[PDB]
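Figure: structure with ensitrelvir.
Numbers restart at 1 for each chain; the letters A, B, ... are given by sequence-line order, proteins then strands. Whatever order the structure lists them in is the order used to number ligands and atoms, beginning at 1. Going by what the header records, the deposited coordinates were determined by X-ray crystallography, 2.0 Å.
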Amino acid sequence: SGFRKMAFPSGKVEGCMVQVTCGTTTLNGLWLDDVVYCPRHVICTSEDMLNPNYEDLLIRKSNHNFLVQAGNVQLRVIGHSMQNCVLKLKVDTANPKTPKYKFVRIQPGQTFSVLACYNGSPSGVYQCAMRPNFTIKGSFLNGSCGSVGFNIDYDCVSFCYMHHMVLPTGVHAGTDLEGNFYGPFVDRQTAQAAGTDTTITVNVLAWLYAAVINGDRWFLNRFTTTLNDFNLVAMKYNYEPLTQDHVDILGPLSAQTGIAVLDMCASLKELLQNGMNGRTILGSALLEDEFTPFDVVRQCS
Amino acid sequence: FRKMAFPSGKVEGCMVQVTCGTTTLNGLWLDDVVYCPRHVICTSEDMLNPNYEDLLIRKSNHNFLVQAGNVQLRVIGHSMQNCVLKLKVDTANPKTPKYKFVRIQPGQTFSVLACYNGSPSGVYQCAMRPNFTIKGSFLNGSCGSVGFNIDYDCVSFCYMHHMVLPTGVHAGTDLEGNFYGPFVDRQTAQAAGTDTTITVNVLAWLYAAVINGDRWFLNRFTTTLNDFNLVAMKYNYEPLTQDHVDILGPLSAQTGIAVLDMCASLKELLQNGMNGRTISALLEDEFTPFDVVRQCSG
Ligand SMILES: Cn1cnc(Cn2c(=O)nc(Nc3cc4cn(C)nc4cc3Cl)n(Cc3cc(F)c(F)cc3F)c2=O)n1
Ligand SMILES: Cn1cnc(Cn2c(=O)nc(Nc3cc4cn(C)nc4cc3Cl)n(Cc3cc(F)c(F)cc3F)c2=O)n1
C-alpha cells in the first residue's frame, strides 16, 4: 500500500566512489576492481574547459599528475587511457568492495537511481528517468560531476549513467560508462540546448494503474478506444505513441486491476482533452511519467 | 526539487531477519543486540488480541531464529522494552555504524529503507504527518523496516515500521518501542486522526521559491504569530511553535524576509487561493527547512 518515488539501496555503489583531482580540477570517480572511471573533463584547467583538445591535454600528463582519494586512503595511479568521454585510471589496488556489475546503455523512458556525490562522498539518492530528448531532470549542485546512475538486478549492479554537466535550462546531461553521451551533447563548457521533450506515454499509463490499485478511480470511464485512434490524439499533445510492445508490458497491471489497456487509454485521452479540472491523482496535479510499468509492479506487487 | 533520500549503505549492513515459529519480520542488528517489533512472538491466533507478557514468559532464547542472510546468530538473552523486543546475540555486528536513537516530531522528514525477509529492497524519503502516520510505501513482510537520518558520520534511527492502517497509511514506533500516535500493536482496525497540512514545511517551500526568484505572492503586510495560528486552525493547517520560528531563521536571514511577513503572505494564499503556480499549483509540505537548504546550498 502507498506509492512513492523509490530508489534502489545505494550501499553497493557507495563503496566504489572516490575523489579524483588533477591540478585544481576535482570531481567524482568510480572505482571498480583496479580501474577508476571518471569524466575526462578533469584533465582540463580553467582555460581548457571552454574548448578542450583532450588528446593533447592527455599526452601532456603523467600518472603522478592524478590524485585519487578513497576516503583518507590515497590510491596510486599506474596507468591511464581515454575511452570516448571517460578517463580510465589504472590503480595499484583492487577495490575489495567491488560488486558484481555490468555496464549498460539504457533507453529513453527507462528509470534508474542516482547516487549524488560531492568530493567523492555520497550525499543523496533519488530515482529519475532518461527523457526522450536524452536529458535527465536531476538534482545536482556544483561538484557533482562523475556521480553515477544505476539499477540493481538481483545481486548485480547495472551502471548506466555518469553525470557530466548542467544545461542552461537546468536539466542534466551525461554518458554511459563506455563514455558515449546520451543525446547530441559534447563535453565542453558551452551553452547547449536539448531537443524538444515529449511525455512518456507508457509510463503515464503505468502510473494510472498504480492510482487505481491505490484506490484513486475518478478518471475511469466505460469507453474504449483503438490503439491508432489513441495515438493520433497522443501525438497531437506531444505524447509518445504507444506500440503493441507497450501494451504487452502493461499486461500484468491490466490483469491485476481487470481494466484493459485500451480502456485505460480511453481514460488518458479524456484527461488530455479536458484536463484534471483541479482534481489530483495520487496527490499529483500533473500527469506523472517517470515510473515504468516495472517500477509500479515492484511497488504494487 | 527532488524528494531525495540519504544513502542507505550504513543501514543495509544492519538488517537481519527474525523468525519465531512461522512468524517472520525484519530486525536491526547493532553491536550485539537485535531490535525488532515484539509482534514477532505472535502466532496467527494471537495477533488480534495478544497478551505479550504472557506470550513472552513461554519463550526461551532458543525459540528465536535470527539470520543475517543465511547465517544464524544465536540468541543468548531477550527482553521486551515497550513494543520492541531486544534480542542479545553472540556476535557483535562488525558493520555497526556510529548511531543514536531519536524521537522525531511531526513534520520532520527521514529516509525509509524498505526491507523484506531481512533484505533491503528500496529507499525513499517521507515526513511524519501531524496525525502521527506516514504516507509510506510498504507491502506485506515489511514489518521492522526502519527510518533514519544521517548527521555527518552518525546514523539517527527514528522509526521502526509496524503496521498498515485501514486507509493505507503506516504506523510504527521509535527505537525505544514507543508508538508515534495513539496506536497499539494488535491486528485490529484503528483510525488515525484527521491529517493537517505541515505549516512550517509550507513556509520552507515558500522561502525556497523566493530563493529561486519566484516571489509574486510576497505581500506588503505582516501578522502576529497568535493571529496567524488561529487562522491556520480554521484551514486545517498546523499552528506554529516557537521551535518552528527558530528553524526558519536561516532562510529568513538568507532572503531578508521576516518569518511573520512570510506568514502574512501564506495567510493571504489561504483565504484568497492562488491562480498562478509556485515553483506547481499545490503547496508542498514534506520539505523541511533543512531539506530546502541541503538541496539549494549543500
Ligand atoms: C550546477 N551543476 C549541476 N550539475 C553540475 C555538474 N558539473 C560539475 O560538477 N562541474 C562542472 N565543471 C567543473 C568545475 C570545476 C571547478 N573545479 C575546481 N573543479 C571543477 C570540475 C568540474 Cl567538472 N560542470 C561543468 C561541466 C562539466 C563537464 F564534465 C563538461 F564536459 C562540461 C562542463 F561545462 C558541471 O556541469 N553542476
Ligand atoms: C501491506 N502492508 C504494509 N505494511 C505492512 C506491514 N505489516 C507486515 O509486514 N506484517 C504484518 N503482520 C504479519 C503477518 C505475518 C505472517 N507471517 C508468516 N509472518 C508475519 C509477520 C507479521 Cl508482522 N502486519 C500486521 C501487523 C503488524 C504489527 F506489528 C502489528 F502490531 C499489528 C499488525 F496488524 C503489517 O502491518 N503490511
> Could you point out every ligand or chain corresponding to ensitrelvir?
Replying inline: ligands 1 and 2
> According to UniProt, what is the name of the macromolecule sharing the most 4.5 Å contacts with ensitrelvir (ligand 2)?
Replying inline: 3C-like proteinase nsp5
>> I'd like to know the other chains touching ensitrelvir (ligand 2) at heavy-atom distances under 4.0 Å, if you can.
In response: B
>> Hey, which residues are hanging around ensitrelvir (ligand 2) within 4.0 Å, heavy atoms only?
In response: B:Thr22, B:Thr23, B:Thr24, B:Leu25, B:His39, B:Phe138, B:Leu139, B:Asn140, B:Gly141, B:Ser142, B:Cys143, B:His161, B:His162, B:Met163, B:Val164, B:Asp185, B:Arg186, B:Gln187
> Considering distance alone, does some N or O of B:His161 sit under 3.5 Å from an N or O of ensitrelvir (ligand 2)?
Replying inline: yes
> For ensitrelvir (ligand 2), is there an N or O atom under 3.5 Å from any N or O atom of B:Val164?
Replying inline: yes
> Just distances here: any N/O of B:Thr24 and N/O of ensitrelvir (ligand 2) closer than 3.5 Å?
Replying inline: yes
>> So for ensitrelvir (ligand 2), is B:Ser142 a polar contact partner (N or O within less than 3.5 Å, distance only)?
In response: yes
> Among protein heavy atoms, which lies nearest atom 35 (C) of ensitrelvir (ligand 2), and at what distance?
Replying inline: B:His162 O, 3.5 Å
>> Suppose we measure from atom 15 (C) of ensitrelvir (ligand 2) to each protein heavy atom; which comes out shortest, and what is that distance?
In response: B:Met47 CE, 4.1 Å
>> Polar contacts were defined as any N/O atom of the residue lying under 3.5 Å from an N/O atom of the ligand; does this apply to B:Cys143 and ensitrelvir (ligand 2)?
In response: yes
> Across chain B, in which UniProt domain are most residues that contact ensitrelvir (ligand 2) found?
Replying inline: Peptidase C30
